[PDB]
Participant: 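PDB structure, Integrin alpha-L holding lovastatin.
So for chain A, numbering is the PDB entry's, and the shown residues are 126-309, in order. According to its header, this structure was worked out by X-ray crystallography, 1.9 Å. Whatever order the structure lists them in is the order used to number ligands and atoms, beginning at 1. Every heavy atom of this structure was used, including side-chain atoms; hydrogens, water molecules and symmetry mates were not.
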Amino acid sequence: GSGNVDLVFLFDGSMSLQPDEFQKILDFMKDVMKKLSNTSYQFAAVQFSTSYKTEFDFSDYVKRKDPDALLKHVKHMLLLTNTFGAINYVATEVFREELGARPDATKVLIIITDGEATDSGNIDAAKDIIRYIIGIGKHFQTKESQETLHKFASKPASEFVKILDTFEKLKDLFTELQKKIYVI
Ligand SMILES: CC[C@H](C)C(=O)O[C@H]1C[C@@H](C)C=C2C=C[C@H](C)[C@H](CC[C@@H]3C[C@@H](O)CC(=O)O3)[C@H]21
Ligand SMILES: [Mg+2]
């Protein structure tokens, strides 16, 4: 339709993440934004743990644009992993016209986490958002834990759930993303 994509990074700041691992999440987000600067994509980023913080809104991105400056002042929260609550927060408190969301854009949520959710609920309010979940590291070693992530993602899980055994594999994920960039 409009050809516009409003994309939110929803990233884990729980106590499980070591300092260097948290930085690699931030570096990955910055790589994606830099590669897609000056396009029809708009970005916002939200850190979640026990509660949620909008690190920058869509309007901040449009005004400042520099991914380095925009994520420079992120404080690691180091609490729990309330992923149900975080998704509902994005759907009702971030995707809003008064915060710079474009009303007819395609909405996309990229969830990066290194643990199973410590809450529960439903995400019906977020169901018109395209949802990718990237699950990283040892807490997703087993098949049963990988499957807990299906609930958050759009369907099929085979396209929308990405499991990475280490944080260094975020770089491989960015290599694969770039092979899919086209001028249309
Ligand atoms: C696309 C390949 C990479 C690895 C990936 O999954 O990136 C996904 C997940 C993550 C790595 C980053 C993304 C950044 C931008 C877009 C939204 C991308 C998904 C792209 C697809 C493209 C078509 O299938 C239509 C659509 O709506 O989503 C995601
Ligand atoms: Mg966690």
Participant: Can you list every ligand or chain that belongs to lovastatin?
Facilitator: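 Look at ligand 1.
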Participant: Which option out of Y257, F299, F285 puts a heavy atom nearest to atom 26 (C) of lovastatin (ligand 1)?
Facilitator: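 Looking at heavy atoms only, the winner is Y257.
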Participant: Considering the heavy atoms of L302, write down every atom of lovastatin (ligand 1) situated less than 4.0 Å from one of them.
Facilitator: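 Lovastatin (ligand 1) atoms under the 4.0 Å threshold to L302: 12 (C), 13 (C), 14 (C).
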Participant: Within the structure, does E301 bring an N/O atom to less than 3.5 angstrom of an N/O atom in lovastatin (ligand 1)?
Facilitator: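 Between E301 and lovastatin (ligand 1), no N or O pair is found under 3.5 Å apart.
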Participant: Any idea which UniProt domain of chain A makes up most of the interface with lovastatin (ligand 1)?
Facilitator: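 The majority map to UniProt domain vwfa.
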Participant: Please identify which atoms of lovastatin (ligand 1) are closer than 4.0 Å to at least one heavy atom of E284.
Facilitator: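 Atoms satisfying the 4.0 Å criterion: 24 (O).
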Participant: Tabulation required: pairs of a nitrogen or oxygen in lovastatin (ligand 1) and a protein nitrogen or oxygen under 3.5 Å; columns are atom names and distance to 0.1 Å; otherwise 'none'.
Facilitator:
{"from": "lovastatin (ligand 1)", "atom 1": "28 (O)", "to": "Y257", "atom 2": "OH", "distance (Å)": "3.0"}

